[PDB]
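Proton Channel protein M2, transmembrane segment bound by amantadine.
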There are 4 protein chains.
Amino acid sequence: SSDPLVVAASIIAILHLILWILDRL
Amino acid sequence: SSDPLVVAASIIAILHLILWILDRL
Amino acid sequence: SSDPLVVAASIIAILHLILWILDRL
Amino acid sequence: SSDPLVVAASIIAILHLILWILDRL
Ligand SMILES: N[C@]12C[C@H]3C[C@H](C[C@H](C3)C1)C2
């Protein structure tokens, strides 16, 4: 398993790419 | 748990979304 | 090991650097 | 212990913030 602060920071990263891919889209 | 350079890069990522969110106000 | 969301976000980031060193190689 | 693709992914993270403290306030 990974640290929680880490799983958070990633979710923040994964959601960013989405809002990007919609902003662009 | 999770490797510390990986807790590092994270504290930076979260803190970054903070400064940014704040940058709008 | 490290959670999957983190191995996912990471692949993005490594693939992010990749899409750069090329866009400007 | 975090995945390697993840420990790597974060050197390029910690290496970004560095090029940054090296540019602006
Ligand atoms: N930008 C990221 C920092 C750290 C490593 C990787 C996954 C998470 C945690 C988000 C990219």
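The order of the sequence lines fixes the chain letters, beginning with A. Here chain A follows the PDB entry for its numbers: 1-25, in order, are the residues you see. So for chain B, numbering is the PDB entry's, and the shown residues are 1-25, in order. Going by the PDB entry, the residues shown for chain C are 1-25, listed in order. Numbers in chain D come straight from the PDB entry, and the residues shown are 1-25, in order. These values consider heavy atoms only, across backbone and side chains, with no hydrogens, waters or symmetry-generated copies. For ligands, and for the atoms within them, numbers begin at 1 and follow the listed sequence.
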Heavy-atom neighbours of amantadine (ligand 1), other chains, cut-off 4.0 Å: A, B, C, D
Amantadine (ligand 1) binding site (4.0 Å, heavy atoms): A/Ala9, A/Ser10, A/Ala13, B/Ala9, B/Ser10, C/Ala9, C/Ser10, D/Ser10
